[PDB]
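Below: the structure, in structure tokens.
The numbering of chain A matches the PDB entry: 1-186, in order. Header entry for method reads X-ray crystallography, 2.5 Å. What's counted below: heavy atoms across the whole structure, side chains too, no hydrogens, waters or symmetry copies. We count ligands from 1, going down the list as the structure has it; atoms in each ligand are counted the same way.
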Amino acid sequence: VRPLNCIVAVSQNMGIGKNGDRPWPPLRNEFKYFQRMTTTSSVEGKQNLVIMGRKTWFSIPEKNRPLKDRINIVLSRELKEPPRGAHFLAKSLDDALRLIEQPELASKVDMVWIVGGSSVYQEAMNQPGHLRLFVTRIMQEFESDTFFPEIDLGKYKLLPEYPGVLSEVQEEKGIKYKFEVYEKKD
Ligand SMILES: NC(=O)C1=CN([C@@H]2O[C@H](COP(=O)(O)OP(=O)(O)OC[C@H]3O[C@@H](n4cnc5c(N)ncnc54)[C@H](OP(=O)(O)O)[C@@H]3O)[C@@H](O)[C@H]2O)C=CC1
Ligand SMILES: CN(Cc1cnc2nc(N)nc(N)c2n1)c1ccc(C(=O)N[C@@H](CCC(=O)O)C(=O)O)cc1
């Protein structure tokens, strides 16, 4: 509820998403890792929190909305009322970060995950605090619309190992990828 965790899947050419969906073909095993990672809280009773941009919200299949067992906060400057399924709606990453720290919430939130938006990722990283990046490395080049900020290895450190995460190369539908975890604390 204090450290922030970004979770993204990026291609070799640091690309994410392409025209509404992801540039690469659907990787079912990568969704499982995404599901398990953002869904598993470390405490019984308390749930995980996921924050995402509005385009990301409507990208999730309607029947998989809201992401189950997780508190879903949608960010939007245009919407004035939370979209069906949305627990909370926030005007900005601060409105959201200050809401999450309210006594009323903190009592029921364990981990907070930023899961969607090149813009949200960017503003999440552009600010002090214990921050962690869970990156799924798609070992292949794809053409992408939107992208992901470069990782200053002078600011973040690669965790040799992290609990609950496996580090061996994975492969599905002929596409290779591996899980990585970076950390920053300032
Ligand atoms: N595989 C992966 O790792 C991921 C891929 N993607 C893909 O990326 C695409 C979405 O990219 P992107 O264009 O960045 O969309 P996002 O949904 O992340 O951001 C777009 C919208 O999010 C809201 N928003 C973003 N930042 C803020 C902020 N700081 N404060 C308030 N509101 C904010 C906006 O509200 P408003 O509209 O009202 O202005 C904005 O128009 C999709 O095609 C998706 O499938 C997304 C996440 C992960
Ligand atoms: C569009 N999109 C955004 C998306 C996709 N892959 C990512 N992968 C990673 N690693 N990180 C992200 N932030 C990420 N974001 C989606 C789309 C669908 C579902 C979804 O329905 N997820 C179900 C998973 C259904 C399943 O695939 O088992 C869940 O309960 O988490 C999630 C995110």
Counting heavy-atom pairs under 4.5 Å, which macromolecule has the most such pairs with ligand 2, as named in the PDB entry?
Dihydrofolate reductase
What drug or investigational compound is present at ligand 2?
methotrexate
What is the UniProt domain of chain A where most contacts with methotrexate occur?
dhfr
So, is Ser59 polar-close to methotrexate, with some N/O to N/O distance under 3.5 Å?
no
Examine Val115 against methotrexate and note whether any of their N/O atoms are separated by less than 3.5 Å.
yes
For the 3.5 Å polar cut-off, considering only N or O atoms, please tell me whether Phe34 and methotrexate meet it.
no
With only distance considered, is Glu30 within less than 3.5 Å of methotrexate through an N or O on each side?
yes
N/O of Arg28 under 3.5 Å from N/O of methotrexate, yes or no?
no
